[PDB]
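Bound state: Carbonic anhydrase 4 + dorzolamide.
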Amino acid sequence: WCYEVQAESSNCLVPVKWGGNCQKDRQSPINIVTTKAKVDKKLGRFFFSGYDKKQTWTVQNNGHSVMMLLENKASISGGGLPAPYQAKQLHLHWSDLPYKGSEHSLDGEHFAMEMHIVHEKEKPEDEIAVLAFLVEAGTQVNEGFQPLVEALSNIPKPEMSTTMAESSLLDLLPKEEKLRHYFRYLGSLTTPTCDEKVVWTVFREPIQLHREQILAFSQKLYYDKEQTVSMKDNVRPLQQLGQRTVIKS
Ligand SMILES: CCN[C@H]1C[C@H](C)S(=O)(=O)c2sc(S(N)(=O)=O)cc21
Ligand SMILES: [Zn+2]
């Protein structure tokens, strides 16, 4: 399987031809019409555990994205979730243009990147909880992202792995006060096999990176071990909401 962009220069199955569960009815990502999302008072604050601890994370190019291995060293609870969820991995989706790098959209507005923090239910439509943050260009270098951005030139090819300098997950997120507002729905993984087992949370507040930090991703990373196709536009096309609803805090 591949993204649309990889087909043009392949030395593979494009998104509209993906099999498995990818052609089903409760798929992700979606466009969120914010006025159509109903406030649900049960969507309380998230509580984070291990997000404040400095770690040296392993980060790897898996041929589709760059992925930090979180190795169960952090967890979340609250946020209307039925149970705590263990953190498994963090990865991103991006482009090199400001309005075609996110997977989800808000009222038709797209962003430059989207970051996905993937967690698994501690014990189904909510086996996996993904925390989704939308990214745009701001005025300044986001210092919290510097260890990740700095690591990228050490994993230019698929299968490569490196160790980031000391950093926390908290360093990557908005101020906690700004995480109170989010959107919630049930959907799928955004890559094959597209399993309908994800409870999604899309935070309303964008993260800001400097333009140069966002461009680093497409400038330093490659889809192929021949380094001829720059990694970008790793974005699944929008899927239909159908008879689901979106709720918000
Ligand atoms: C390369 C895609 N990997 C898949 C399977 C992995 C086992 S996972 O962590 O479940 C996961 S989370 C997402 S996303 N884009 O919906 O957040 C995709 C993936
Ligand atoms: Zn993702």
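Heads up: numbering here begins at 1 and tracks the sequence. Counting starts at 1 for both ligands and their atoms, following the listed order. Because only heavy atoms are used, hydrogens play no part in the values below, and waters and symmetry mates are left out as well, while side chains stay in.
Tracing dorzolamide through the model gives ligand 1. Contacts between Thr191 and dorzolamide (ligand 1), counted as non-hydrogen atom pairs separated by less than 4.0 Å, involve the side chain only. Near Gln89, with a cut-off below 4.0 Å to any heavy atom, the atoms of dorzolamide (ligand 1) are 9 (O).
Listed by number with element, the atoms of dorzolamide (ligand 1) under 4.0 Å from a non-hydrogen atom of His64 are 1 (C). Those atoms of dorzolamide (ligand 1) that come under 4.0 Å of a heavy atom in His93, given as number and element, are 15 (N). By the criterion of a heavy-atom distance under 4.0 Å, the side chain of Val118, and not its backbone, is placed next to dorzolamide (ligand 1). Of the residues of chain A touching dorzolamide (ligand 1), most belong to the UniProt domain Alpha-carbonic anhydrase.
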